[PDB]
*Asks:* 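Structure with Taxol attached for reference.
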Amino acid sequence: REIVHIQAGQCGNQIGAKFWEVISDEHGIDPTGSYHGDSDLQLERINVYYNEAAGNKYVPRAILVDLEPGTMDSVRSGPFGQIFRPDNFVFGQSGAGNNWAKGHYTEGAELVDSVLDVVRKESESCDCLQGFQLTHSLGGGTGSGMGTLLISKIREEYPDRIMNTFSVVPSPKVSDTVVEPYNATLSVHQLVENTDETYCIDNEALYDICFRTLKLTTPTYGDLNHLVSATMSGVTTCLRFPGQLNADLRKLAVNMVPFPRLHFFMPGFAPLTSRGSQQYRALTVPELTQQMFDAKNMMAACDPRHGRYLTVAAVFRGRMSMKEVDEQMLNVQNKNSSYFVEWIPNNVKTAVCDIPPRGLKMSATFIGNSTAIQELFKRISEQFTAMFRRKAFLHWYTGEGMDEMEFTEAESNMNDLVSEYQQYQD
Amino acid sequence: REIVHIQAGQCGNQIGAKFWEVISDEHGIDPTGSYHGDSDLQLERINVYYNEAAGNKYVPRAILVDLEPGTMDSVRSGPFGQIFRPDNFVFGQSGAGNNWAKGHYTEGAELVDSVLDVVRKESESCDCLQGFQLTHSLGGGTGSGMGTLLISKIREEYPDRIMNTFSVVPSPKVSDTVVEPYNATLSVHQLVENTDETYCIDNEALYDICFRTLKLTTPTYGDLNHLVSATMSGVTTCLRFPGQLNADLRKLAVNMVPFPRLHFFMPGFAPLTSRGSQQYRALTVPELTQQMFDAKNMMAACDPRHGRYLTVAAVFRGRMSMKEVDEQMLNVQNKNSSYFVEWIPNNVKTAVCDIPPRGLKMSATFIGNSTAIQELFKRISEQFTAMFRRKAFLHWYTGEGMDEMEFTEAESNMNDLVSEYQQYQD
Amino acid sequence: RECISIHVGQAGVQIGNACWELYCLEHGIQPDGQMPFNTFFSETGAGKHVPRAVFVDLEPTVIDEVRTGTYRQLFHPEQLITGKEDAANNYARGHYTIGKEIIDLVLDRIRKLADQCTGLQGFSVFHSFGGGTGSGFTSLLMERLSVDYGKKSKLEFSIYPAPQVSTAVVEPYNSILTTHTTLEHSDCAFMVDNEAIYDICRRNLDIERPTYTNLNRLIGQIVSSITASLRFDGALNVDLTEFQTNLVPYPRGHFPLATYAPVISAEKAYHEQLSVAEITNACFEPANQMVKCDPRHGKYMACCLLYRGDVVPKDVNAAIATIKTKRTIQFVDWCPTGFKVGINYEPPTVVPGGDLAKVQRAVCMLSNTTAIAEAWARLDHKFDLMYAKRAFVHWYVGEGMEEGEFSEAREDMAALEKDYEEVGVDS
Amino acid sequence: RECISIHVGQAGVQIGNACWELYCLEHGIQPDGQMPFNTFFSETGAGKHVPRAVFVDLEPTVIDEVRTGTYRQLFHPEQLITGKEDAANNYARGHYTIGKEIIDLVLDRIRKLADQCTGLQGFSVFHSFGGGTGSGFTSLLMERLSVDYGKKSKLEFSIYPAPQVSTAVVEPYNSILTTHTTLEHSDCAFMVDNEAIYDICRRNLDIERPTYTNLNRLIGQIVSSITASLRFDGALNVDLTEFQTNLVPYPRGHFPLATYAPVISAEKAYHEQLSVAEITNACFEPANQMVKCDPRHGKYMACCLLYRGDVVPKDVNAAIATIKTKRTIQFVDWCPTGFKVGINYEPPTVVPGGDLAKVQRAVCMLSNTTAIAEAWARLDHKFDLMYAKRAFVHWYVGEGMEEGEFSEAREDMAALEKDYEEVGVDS
Ligand SMILES: CC(=O)O[C@H]1C(=O)[C@@]2(C)[C@H]([C@H](OC(=O)c3ccccc3)[C@]3(O)C[C@H](OC(=O)[C@H](O)[C@@H](NC(=O)c4ccccc4)c4ccccc4)C(C)=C1C3(C)C)[C@]1(OC(C)=O)CO[C@@H]1C[C@@H]2O
Ligand SMILES: CC(=O)O[C@H]1C(=O)[C@@]2(C)[C@H]([C@H](OC(=O)c3ccccc3)[C@]3(O)C[C@H](OC(=O)[C@H](O)[C@@H](NC(=O)c4ccccc4)c4ccccc4)C(C)=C1C3(C)C)[C@]1(OC(C)=O)CO[C@@H]1C[C@@H]2O
Ligand SMILES: Nc1nc2c(ncn2[C@@H]2O[C@H](COP(=O)(O)OP(=O)(O)OP(=O)(O)O)[C@@H](O)[C@H]2O)c(=O)[nH]1
Ligand SMILES: Nc1nc2c(ncn2[C@@H]2O[C@H](COP(=O)(O)OP(=O)(O)OP(=O)(O)O)[C@@H](O)[C@H]2O)c(=O)[nH]1
Ligand SMILES: Nc1nc2c(ncn2[C@@H]2O[C@H](COP(=O)(O)OP(=O)(O)O)[C@@H](O)[C@H]2O)c(=O)[nH]1
Ligand SMILES: Nc1nc2c(ncn2[C@@H]2O[C@H](COP(=O)(O)OP(=O)(O)O)[C@@H](O)[C@H]2O)c(=O)[nH]1
Ligand SMILES: [Mg+2]
Ligand SMILES: [Mg+2]
C-alpha cells in the first residue's frame, strides 16, 4: 500500500526533510533517487513512500506546503532538491506571520486547491492508499493553520482513510511567539474532530533528552528534528519489511484508541546514549524497555508518572526472542501497576520487526496513550485564558474575520478533552 | 491517399511553417526535400503530404495563400524555402488590414482563381484525394476572409471530400484588433455551413499552458504554434503508419459529430512537462489520460468542466496495452459521469498507433466535442453586439459593399450554434 | 508598400530635416544619398538613393538652408519647390493668390513620384497651423491631392496651435480655416503641441533650454516608429490602413495622439532600468501626451501600441491587462476593447548629437480619445474673441476670403467637438 | 519580500545615508550601484542596482550634499525630490502650503516604485519631530500613503524630541501634532532620543565628543538588524508582520523601543568576551535604551530579540529563562509570556571608518513597555506651558492651523498615555 506525507510550515518542512533523509537512507536511496541498497527488502515496500519514475528514480510520495517562499527555497537548495518532485512544491503569497486565521481561514484558504490537486495526483498514482501523514507545528500559524485546513479538506475527500499527524506542541519554557496559545487552541479545536491519531512532541522535552541522554553541547533544531524523525519512521517501519509481529497505523489505532477522542500520543525512542557511553550498552530487550518506559525519555514535556497509561504500543526492531519481550512487558506492568489503567487487561500492545535501524543491533520505539498529557492542554489553556480575558492580540484575528465565539467555543471544547482524560484517570 | 494543406494569412502561415517542420522531421525529410530517415514506414505514407519529384525530392502537398507579400517572403527566406514549391506561393495586392470584406468579399475574391488553379494541379497529382486542411486565424481578416472564401470554393469543387480546419480563436485577454468580433462573426457564419470539422484554439489558452506546464520564461508565437503543430500532426498521424486501432478524419467525424452542425472541437496534447520535470514522469497510459482529461491542458480557452462531453477522441502513440488504455477510459467516464453526456454509451472513441513521436516513448492527442465551447461563442457574440449596436467600424465593411443584413444574419445564426450546444447540455 | 512625404512652410521642412536624418541613420544612407528602404528612398543604380519627398516654401529661405546645408546632395533639386513671395501667416494667400501659382508644379512633381512608385500606400504631410504657407497651402494641396488619389492614405502631421503660448497672433484664424479641409480630406491627422514637448524636454530629458532642433527630433522619432518601423519587418507588421481599421470607428474622428514613452536622458540611461511594462505604463501617464491634454478627463476610443527592439508579446499582453485592471483611465463603454499591438525586431533609432539616450526597446502610442476635443474649445474662444472684433479680418478679405467662410469653419469645428461628446456619452 | 524607504527633512536623509551605506557594505554594492538584496535594491541589468528610496527636502541643501557627495551615483535622480522654500520648523507649513506642492510628485514616485515592486511588504519612514519638513510633511505623506496602500505595513523611525535637550524651541508643537497622525496611520513606530544615544556613545563607545555621524550609524545598524537581517535567511526569519503579530496586542500601542546590546569600543573588543547571555542581559539594562526611559518603573508588554552571527537557540532560551528568573523587571500580568526570538546566520555589519568594533554576534531588542509612556508626559508639560501662553502660535495660525487642532492633538496623546496606564494596572 501507499501513504501520503504532507509537510506544512517551516517546522514541519525541516522535520520532514530530516525524515526523508532517514528513510531514504534506510531504503538505500541516494541523492539522485537511485537505489543502491544491499537488501531486497528495501524494495519490497519502497512503493509505500516512493513513486517509481522512469529510470528507477524513486520519488517521495510527499507534498510540500508552505506560505513562505524562502523556506521552500532552502529545501530545493538542500540535498533533496534532486529528490522531491517540483510540482509538489506548493507556495505563493507570503506566510501568516503566526496568524492562524491567515493560515487556515483566509490567505491559506485561497491556495487549498493547489494542494488538493496534487493530493489527487498522488492518490491516483497509488495502488492502495492507506492514509495521510501530516508534519507540522501547533502554534506556527501557517503550519497549524494550513494543517487543520488541509486535514479537514483531505478527510472530506478520504473520510475512510487514516489521518495521522506529528504535531510540535507549544513548550512551557521554549517559545518564539506570544500567540502560541491562540494558534494552538484554534488548531486543536479542528484537529481533534478530524484526526484519527496525533503525536505530541515538545521541543523542550527534546532539548532535555538531547542533553540528558545524548550529552550534546549544542543541540540544534537539526538534532531535535532528528530525534523526531526516528520515531516517525518507527511508527510505519513495520509496514516496510518483515517481522514476527506486524503492525500498522490502523492496527495501532485499534489498540491505542479505546475512546474515540483520546487519540493523543506521546512518542519515545529506544537506545538513547552518547557516543562515549555506547560502549557500556548491553543492547538487550530489558535495557531497551528500561529506556522506553523511562519518563525522562518521553518526547512530550509532560511526565507520564503524573497520570496513567490507557494503552501502550511497544514496537521493536531486529532479531530478538518473543518470550524475552513478553517477559519484559509483564515485568513492567507488574512493576508499575499503579501507573497502568486497570480497566485494560494487557496494557501493552507489542510488535516486532526483523530489521533494526541500519547500524543498530536492536532498537525500538514507544507510543504511549497516557492521561498525563491532559496537563499540557491545561497549561496552554491557562495561557490562552489569561490573554483571552483581555482580548489580547484578538484584533489580528478579528481583522481576518474571526469572532470571539470561535475562541470561546474552542476553549470550551479543549476543556472537554482534558476532562475526558481526567475522567479516565484516578 | 493524399491530403491538401492550405495555409491562409500570417498566423496560419507561421503555424503551418512549424507544422511542416514537425512532420518533415517525423518523416526523415531534410531541408532539401531529400529523405534520410531510418525507418521504412516513413515512406509508407509519405505520399499523404508530399509529392515525389524527380530525384526523390519530397514536396509539401500544400498551398501558401496570403495577401501580404513580406510574410510570404519570410517563408521563402526560412529553412523551408528549399522545400515548398514556388508556384504554391500565392500572393498579390496588399493585405486586408483586418478587413474581412477585403479578404473574402472583394480584394481577396479577385485572386481566388490563382489559388484554385493550384488546387486543381495538386488534385490531379493525387491518386486519391481524401480532403483538405485549412490553417488560419479567426479574426485576422485575410486568413479569416480568404479562409471561408476558399472553403466555399473548394467544397463546390469537392463537395464529397473532407473539409478540416484549424482556426485560431479570438481570446478574451489576448488581442491585437478591435474588430476581432466582426471578422470572427462574419467568418464563422460561412465556416459552419461549409465545414466538416473545425478545431478551436485560443492563444490565451496556449499562453497559459506554455507556462503552467512548460514553465517557459518567454513563450513566443513560435512556441505557441509549436503546441498547435503537435496536435495537428496527431489528428492525421494515424494515417501515416501502422497501429492497433486505425483512425481517420472521416472516422473521427463519424464518431465525433453526433449532430451535423456541432463539429467544433477542443484540441489537447499529452505529455506536457518542463525539461526539468521530465525526469519525474512515469510515462504510463494512466499518466497520459490524467493530462489529456485535464481542463488546464486544453488549447481552447473555455474550461470543459462548465459543459459536458458530447464525444471524445483519444488517439494514442506508441507501444501500449490495449486493455490498459480501455481500463483508463472506463475509469475516466466513471470518475466524471456528470461531465460526460449520458445520451452516449461509450463517450470516448479511441485509437492507438504503433509509433510514438520521435524522442517520446509514448504519447497521445485529445479531441473533445464539449458543449462548454458555446461560452466562447457567447463571449465573442457579446463583444460583437456591443460594437454592432453602435454600428462601430461598420463603414470599413460598408465601403466594401457589405450591408447590415449580413451582420444581423450572421449573429442570428451564431446564436443558433450556441443554442444547439445548450440544447444538448443539462 | 511605398510612401511619399510632403513638407510645407518652414516648420514642415525643419521637421522633415529631422525625419530624413533619422531615415539615413536607419539605413546607413549618406548625405549624398549613397548607401554603403525603398519605401522612402527611390532606388538609384549608382547607389545614391533619393528621398521620396516634396518640399514647398513660398519663400525659399528654409529650403535654401537645405540647398546649401547638409543633405543638399541627398535630396533631388526637382523636389525643392520654392516661391518668390511668402504667404506671410495668411491662410487665404497660401490657399489662393500665392500658393496657386506653384500648386501646378507641386502636383506635377507628386505625379512623377507616384508614377515612379509601384505599391503606393499613401502620403505623409508635415505642416503647421500658424503660417499660411503651411496652413493655407496645405489646404489647397490636400484638396488637389485628394482628387488625384482618392484611394491612397493621407496622413497629416500637424503642429497644433498651442493653447498656452504661440508666436503669431492670427493663428486661430489659420487653424480654424484648416480644420474643415483636414477633417474633409485627410485619412488620419496628428496634432502636436510644441509647448507640451518643451515640457517633456524639461521633465524627462532634463533640458532647461530646449529648441526646435531637439523638439523636431522627438517628433521625427515618433514618425519613424509609426511608419519606418513597419518597413523593417517585425513580429506584427500593422499596416497603415490597418491602423485606420482599428483606430478609427467612424467616418470622422481622425485625431490620434502620438506619444513616445522611452524619453530619457543619458544619465537616466544608466540608473533607470526600463522594460515592457514600465515603458507601456509611462505612455498612459498624462505627462508624455505630446499635447496639452489630460486623458483622465475623457475616454479612450482606441489605442495602438507600437513596440521596437527587445520586446515579447507575453509582456505586452500582461502590461495591457494591468492597464485594464488599473481602471483609472476610462474607455468608451461600447468599445469592448481598444488595444492593438505592433511589434518590431529592429531597435530604436539613435541620433548622434542628440539627447534621447540609446535604449534597447521603445514604445509609441497612437491613441484616439474624447479628451483631446477639449483643446479645440480653447481655440474656439481665441477665434471667437478676435472674430467678434473682426481683428485682422482685412488681411483675409484683402485676399477675398469670404467672411461667411470663417463662420462655416467654426461650425465644422464645433461639429467635430460635438461628435466626440456623443462618443463618450452614448452607450 | 521587498520594501520601500522614505527620507524627509535633513535628519531623515542623514540617517538614510548611514542606512544605505550599511546596505552597500552588506551586499558589496559600490557607490555607483555596481555589485561585484533585491528588497532594497532594484535589479539592474548592468549590475548597477538602485535603492528603493524616496528622498524629500523642501530645501535641497542636504539632498544637494547627496547629489554632490558619494552615492550620488548610487541613487536615482528621480528619487531626489526637493522643494524651493523650506517648511522651517513649522508642522503646518510642511503639512499644507509648502509640502502639498510636492506631495503629488512624491506619491507618483512611490507609485512607480510600488509598480516595480512585486511582493511589497511595506515602507520604512525616517523622520523627526523637530522640523516641519520632517514632522508636517510626514503627516501629510502618511495620510496619503495610507489611503493608497491600506494593506501594506508602515514603519516609522522617528527622532524623539529629547526631554533633556533640543535644538528648536517649537518642537513640542510639531511633536504633538505629529502624534495623532502616526498613531492613526502607522503600523509600527519607533522613538529614538539623540541624547540617550550620545550618552551611550560616552559610556559604551567611550566617546567624549559624539556627533550625528556616529549617532546615525548606530540607528542605521539597528534598522539593519530589524529588516535586512531577515533578508539574509536565518534560523528564524521573523516577518515584519510577524513582529506586529507578537509585539502588538491591541489596535494601538505601536511604540517599541529598539536597542542594540553589542555596543563596544575597539579596546573593549580585545578584553571583553561576549556571548549570548552576556549580550542579551545587557539589552535589559536601563542604559542602552536608546531613549530617556527607565524600564524598571514600568512593565514589559512584549519583547522581540533578534540575534545575528554566531548564536544558538539553546543559549538564547537559557538567557531568557534567566531573565524570567531574575524577576527584577516586571511584565504585564495578563501576558503569560512576551519573548520572541529571531535568529540570523549572517554576522553583524561593520562600518569601515566607524567605531562599533567588529563582533561575532549581535542582539537587537524590540520591546513594548508601559515605561515609555512617561516620556510623553514630559512633552505634555512642555506643550501645555508654551500653549498656555500661545507662544509662537501665530506661526501656525499664519498657515491657518486651527487652534482647536492643538487641543485635539493633546487629547489624542493623552488617550495614548491612558491606554498604557490601563495595560499595566489591569489584570
Ligand atoms: C558507530 C556507531 O554505532 O554509531 C552509532 C552511535 O554512536 C549512536 C550513539 C546513535 C547516533 O545518533 C545520534 O548521535 C543522534 C544525533 C541527533 C539526534 C538523535 C540521535 C548516530 O549519529 C546515529 C546512527 O543511527 C543509525 O544509523 C540508525 O539507522 C538511525 N539513523 C539516523 O538517525 C540517520 C542519521 C543520519 C543520516 C541518516 C539517518 C535510524 C533510527 C531509527 C529509524 C531510522 C534510522 C548510529 C547507530 C550511530 C551514529 C551514526 C553515531 C544514537 O541514535 C540513533 C538514532 O541510533 C544516539 O543514541 C543512539 C545509540 C547509537 O549507538
Ligand atoms: C531529451 C528529451 O527527451 O527531450 C524532450 C523533452 O524534454 C520534452 C520536455 C518535450 C520538448 O518540447 C518543448 O519543450 C516544447 C517547446 C514548444 C512547444 C511545445 C513543446 C522538446 O523540445 C520536443 C521533443 O519532441 C519530439 O521530439 C517529438 O517528436 C515532437 N517534436 C517536435 O515538436 C519538434 C520540435 C522541433 C523540431 C521538429 C519537431 C512531436 C510531437 C508530436 C507530433 C510530432 C512531433 C522532445 C521529446 C523533447 C525536446 C527536444 C526537449 C515536450 O514536448 C513535446 C512536444 O514532446 C514538452 O513536454 C514534452 C515532454 C518531453 O519530455
Ligand atoms: N514643431 C515645430 N514648430 C515650428 C517649427 N518652426 C516653426 N514652427 C511653428 O510653426 C509656426 C508657423 O508655421 P510655418 O508655416 O512654418 O510658418 P512659415 O514657414 O514662415 O510660413 P508663413 O509663416 O506662412 O510664411 C510657428 O508659429 C511655430 O510655432 C519647428 O521647427 N518645429
Ligand atoms: N538623530 C538625528 N537627529 C537629527 C539629525 N539631524 C537633525 N536631527 C534632529 O532633527 C531635528 C530637526 O529635524 P528636521 O526635520 O530634519 O529639520 P530640517 O531637515 O531642517 O527640516 P525643517 O527644520 O522643517 O526645515 C533637529 O532638531 C535635530 O534634533 C541627525 O542627523 N540625526
Ligand atoms: N521541532 C521543531 N520546531 C520548530 C523548528 N523551527 C520552528 N519550530 C517551531 O515552530 C514554530 C514556528 O512554526 P513555523 O513553521 O515557522 O510556522 P509559520 O511561521 O507560520 O510558517 C516555532 O514557534 C517553533 O517552536 C524546528 O526546526 N524543529
Ligand atoms: N496562434 C498564432 N496566432 C497568431 C500569430 N500571429 C498572429 N496571430 C493571430 O492572428 C491575428 C492576425 O491574423 P493575420 O494572419 O495577421 O491575418 P491578416 O492580418 O489579415 O493577414 C492576430 O489577431 C493574432 O491573434 C501566431 O504566430 N500564432
Ligand atoms: Mg513662411
Ligand atoms: Mg529643513
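The sequence lines are lettered as chains in the order written, beginning with A. Shown for chain A, in order and in the PDB entry numbering: 2-44, 47-360, 369-437. Chain B is numbered as in the PDB entry; shown residues: 2-44, 47-360, 369-437, in order. Chain C uses the PDB entry numbers throughout; the residues present, in order, are 2-37, 49-439. Numbers in chain D come straight from the PDB entry, and the residues shown are 2-37, 49-439, in order. A fraction of the deposited model is presented, and contact counting is confined to that fraction. Determination method: electron microscopy, 3.9 Å. Hydrogens, waters and symmetry mates play no part in the numbers below; they use all other heavy atoms, side chains included. As the structure lists them, so they are numbered: ligands from 1, and atoms in each ligand from 1.
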*Asks:* Provide the full list of ligands or chains for Taxol.
*Replies:* ligands 1 and 2
*Asks:* Supply the name from UniProt of whichever chain has more contacts with Taxol (ligand 1) than any other.
*Replies:* Tubulin beta chain
*Asks:* Are any other chains within heavy-atom reach of Taxol (ligand 1) at under 4.0 Å, and if so which?
*Replies:* A
*Asks:* Okay, for chain A, which organism does the deposit list?
*Replies:* Sus scrofa
